Asks: 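Here's what I've got: flufenamic acid, bound to Vitamin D3 dihydroxylase.
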Amino acid sequence: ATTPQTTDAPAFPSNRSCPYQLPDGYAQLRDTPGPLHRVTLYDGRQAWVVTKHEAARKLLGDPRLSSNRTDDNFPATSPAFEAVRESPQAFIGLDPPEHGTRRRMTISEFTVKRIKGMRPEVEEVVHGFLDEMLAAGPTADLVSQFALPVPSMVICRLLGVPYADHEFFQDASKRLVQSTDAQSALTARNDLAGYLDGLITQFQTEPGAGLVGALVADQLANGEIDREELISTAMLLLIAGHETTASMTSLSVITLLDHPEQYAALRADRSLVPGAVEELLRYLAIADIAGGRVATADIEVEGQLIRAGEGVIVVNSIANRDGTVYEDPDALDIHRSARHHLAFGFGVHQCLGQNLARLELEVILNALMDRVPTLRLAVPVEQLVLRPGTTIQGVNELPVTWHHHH
Ligand code: HEM
Ligand SMILES: O=C(O)c1ccccc1Nc1cccc(C(F)(F)F)c1
């Protein structure tokens, strides 16, 4: 090469170097005027990304932006995503009206009433794993010993997946979400699909509790959902149900320990916890791989033209750092109003599990402050290995220690 390498479509996604700040490239996008920006995906395709808060709400509500993953022009951010692409879709990949007919089969499990009613169960699960970790003595891996098991046990009960098989499906879920190549991603999905097919057949003998048992005994027995779809739907809920909250827990611990005055204020006044959870959601925005869209018609946005067949990624981490919405947006402030953040999306696909996630993180933070207020990282912040921007944000390992008490 013998010419400058500046490009008007930088590589996307980018990797975080700090868990709670944007990648520098993302900061550059945040500062570029306009709602949209060109980028180049891993294979060479260019696509649009959305980089401003209001425009992200508007485009997430635009029916000309389809969630159809199996569309040829759907933006793929890694060779692994094309596992979810050439696979039968759960409702996260459907458009209305099909999307609502499938999502409505699951919503009874996620109502505000039901979630509020799970609080004692979540508290029991959180405190049990906390006990086992603390009794095991420092040091510890917060991911394997706490952040992952807690939401796994909860979502497994919700679904009717037996927690006994946790080692299998927890490992399979890891391999699907984080793979760098396509085939290891396909294999993880097919191990999962295979396990899920057996559970249905098992339900097809003795009716079990949980959402999967319910969908087997009703919608499936009425032909209203296909077996492939039920598997896909159960897989989406299982994986989302435990990988997202696990990442929020580990990244929130890292973040709070870098803001000790806010963490101390939080411990001193537990009425701040719900607002702190909202702020952490806005600030950490762990699900950026959760904004892909493909346009089925030309879309004009503020003087820029999205043409039919162009991919669009609504990047909610950047949108949540829009300073015309959140004053001083790169500062963590558990007292701020984080209302209207996009960590959960917006519109018809807005996160089904959002209030379960909020409940989990409130109980988790309270239990950590109750039972191990001296928790600290057993390594410095820049000895941690963060995941790349091609997957759910977080850490695969979080070595922690505490002052032992008896
Ligand atoms: C803990 C933090 C969580 C975050 C930050 C998060 C983030 C998101 C985002 C951004 C979307 C939108 C995807 C899109 O627009 O294409 C989404 C959708 C979804 N989330 Fe969550 N999620 C979290 C927890 C959960 C939990 C605990 C569940 C439990 C099952 C869950 C289940 C779902 C489902 C099923 C959808 C698809 C909804 C639809 O397409 O109608 N999420 N999530
Ligand atoms: O997007 C799919 O189709 C998907 C399929 C199978 C399993 C998980 C899937 N998605 C997924 C995986 C992790 C976190 C989130 C989300 F952030 F949206 F909640 C979504």
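We count residues from 1, following the sequence as given. We read in the header that X-ray crystallography, 1.7 Å was used to get this structure. Start at 1 and go down the list; that is how both ligands and their atoms are numbered. Only this structure's heavy atoms are used, side chains among them; waters, hydrogens and symmetry mates stay out.
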Asks: Where exactly can flufenamic acid be seen in this structure?
Replies: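 Counting every copy, ligand 2.
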Asks: Which atoms of flufenamic acid have any heavy atom of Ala287 under 4.0 Å away?
Replies: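 By the 4.0 Å cutoff, the relevant atoms are 17 (F).
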Asks: Going by the order shown, which atoms of flufenamic acid are within less than 4.0 Å of some heavy atom of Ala240?
Replies: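 Once the distances to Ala240 are compared, the set is 19 (F).
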Asks: Heavy-atom contact under 4.0 Å between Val177 and flufenamic acid?
Replies: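 It does not, in that no heavy atom of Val177 comes within the 4.0 Å cut-off of flufenamic acid.
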Asks: In the PDB record, where does chain A come from, organism-wise?
Replies: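 The PDB lists Streptomyces griseolus.
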Asks: Filter the residues UniProt lists as binding calciol in chain A to those having a heavy atom under 4.0 Å from flufenamic acid.
Replies: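 Going by UniProt and heavy atoms, there are none.
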Asks: Identify the closest protein heavy atom to atom 12 (C) of flufenamic acid: which residue and atom is it, and at what distance?
Replies: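 Its nearest protein heavy-atom neighbour is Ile239 CG2, 4.0 Å.
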Asks: Is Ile392 touching flufenamic acid with its side chain, its backbone, both, or neither, if touching means heavy atoms under 4.0 Å apart?
Replies: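 Within the 4.0 Å criterion, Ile392 contacts flufenamic acid through side-chain atoms alone.
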Asks: Who's the nearest protein heavy-atom neighbour of atom 16 (C) of flufenamic acid, and how far?
Replies: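 Of the protein heavy atoms, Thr244 CG2, 4.1 Å lies nearest.
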Asks: Taking atom 6 (C) of flufenamic acid as the point of reference, which of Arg69, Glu243, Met235 owns the nearest heavy atom?
Replies: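 Among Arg69, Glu243, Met235, the closest heavy atom to atom 6 (C) of flufenamic acid belongs to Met235.
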Asks: Could you work out, for atom 20 (C) of flufenamic acid, the closest of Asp288, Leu237, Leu236 by heavy-atom distance?
Replies: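 It is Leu236 whose heavy atom sits nearest to atom 20 (C) of flufenamic acid.
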Asks: Extract every residue of other chains having a heavy atom under 4.0 Å from flufenamic acid.
Replies: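 The heavy-atom contacts are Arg69, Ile92, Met235, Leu236, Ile239, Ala240, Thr244, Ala287, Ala290, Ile392.
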Asks: Do any nitrogen or oxygen atoms of flufenamic acid lie under 3.5 Å from a protein nitrogen or oxygen, and which ones?
Replies:
from            : atom 1 : to    : atom 2 : distance (Å)
flufenamic acid : 1 (O)  : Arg69 : NH1    : 3.2
flufenamic acid : 1 (O)  : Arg69 : NH2    : 2.8
flufenamic acid : 3 (O)  : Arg69 : NH1    : 2.8

